[PDB]
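Following the PDB entry, chain A residues are numbered 5-131, 135-511, in order. How was it done? The header gives X-ray crystallography, 3.3 Å. Indexing begins at 1, ligand by ligand and atom by atom, following the structure's order.
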Amino acid sequence: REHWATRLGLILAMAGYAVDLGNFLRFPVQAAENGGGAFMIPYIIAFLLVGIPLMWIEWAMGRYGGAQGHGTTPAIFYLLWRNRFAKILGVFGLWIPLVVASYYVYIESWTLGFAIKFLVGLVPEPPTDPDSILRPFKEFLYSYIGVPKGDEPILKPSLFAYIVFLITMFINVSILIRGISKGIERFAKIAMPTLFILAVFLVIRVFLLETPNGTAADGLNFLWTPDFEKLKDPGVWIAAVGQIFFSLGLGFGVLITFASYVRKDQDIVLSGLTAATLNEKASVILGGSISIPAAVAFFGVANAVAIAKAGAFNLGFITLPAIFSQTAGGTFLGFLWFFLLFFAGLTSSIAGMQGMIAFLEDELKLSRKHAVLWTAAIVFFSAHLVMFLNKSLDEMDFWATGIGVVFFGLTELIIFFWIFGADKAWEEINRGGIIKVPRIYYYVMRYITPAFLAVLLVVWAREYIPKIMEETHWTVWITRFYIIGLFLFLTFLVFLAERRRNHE
Ligand SMILES: CN(C)CCCN1c2ccccc2CCc2ccc(Cl)cc21
Ligand code: NA
Ligand code: NA
């Protein structure tokens, strides 16, 4: 089996995964909408009671199975719980990231496209007035995505977008085909620094942004000024518990699969705690000092509310480009911004797509090459649904993430800590650890953590399930029909896996 070459490269791959566009975009938005500085209170809390424990747990389940030559949750869940239902419940941890990758790699391509489009100077140039600057970059984005001009639920992306996508894929395979050490880790050693460099440089430039409407200081102020009145709202406490899940990226089986390339007795307690610290430092410091300040700097603090309600997506592909088109030589900032996001995704997309490669390697005994190419073929195929069918993207994200984090996460907990046994698990977590997990985390892992996930499951099931189930168009069934067909397919490979093992 393959293994990590360096302790650093491990943390950098892990942090490479965890570090998102979400750090630079989703995280700052969630803050401003839910108390600003006050959002840190429920955020830090859920970071200790939920994010930190589960992190160790996925890491633990990973190494526990990874020693036994099994990186995927179909196998691992069978080892923690030797049941027929455990393999099935484990299929999700192979189904969840595959579905997400069916659109993430595509979204990742946009950045590369936009980066190229911004580098060569092929960008809209306005014209004064806010809508008279945003609309050119609002339409620029729609041409790339291929947003429908008719009632039809049919996207028609530009030929260039498609080409960049293939290129983007080709980039992913290029790193993936070189294994864990000479590929992901080797790249994580290059990407993570390159990422930090761009972040700071942007942050610096952003702080030097002065417009008639305001300054960057006004953005940091608005963002970090704590409105505690919103902490009374349960919705803030929920949006917090989820945001951490999203930022750390738990409940996708990726941490598990990654931690399955960790040797049997190498530390996972501190290693994970470090990668987790890197991601969150990146969010609050870097990410929360580029977008929101630059937005507030240009559109005043008056629109700082309206900007936040405009969704993170707009801020990154419409608002921030349109802002850069006005600054001194900002066509290069556009290139720097997008290329920053490109890597942020590229360090993650290679990570998530490894879970499938590992499955074919471990269970179906495929070479790394074949496991890589076939996985690329599956993701490339599915992506056409997201590329061409409208709102297919959102449907995939809704199910794979919305459910996949809340359901599979609480599944990882009960299987490893309640079924496999708390004590046997607690030792499996602390084992090899340079430091030891505090004794109090035993109660958090066993009672407090699943208490939160449980409350989270209930609130989610009431609010989000009746919405997508009726009010939506009929083409959502096509997306549903497809993603269901994937789970049924992975059920068949899991079946083929166990039938190949009884023979030998
Ligand atoms: C930067 N990260 C948060 C790591 C996850 C990125 N990501 C993702 C992003 C948004 C929502 C769900 C998921 C699911 C995990 C997963 C799995 C494979 C890939 Cl190719 C990306 C991917
Ligand atoms: Na993150
Ligand atoms: Na990343």
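Per PDB records, the drug at ligand 1 is named clomipramine. Most-contacted chain for clomipramine (ligand 1) in this structure, per the PDB entry: Transporter. Other ligands and ions closer than 4.0 Å to clomipramine (ligand 1), given by number and name, do not occur. Listed in the PDB entry as the source organism of chain A is Aquifex aeolicus.
Binding site of clomipramine (ligand 1) at 4.0 Å, heavy atoms: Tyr21, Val23, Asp24, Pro101, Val104, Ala105, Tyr108, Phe253, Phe259, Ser355, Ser356, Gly359, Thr408.
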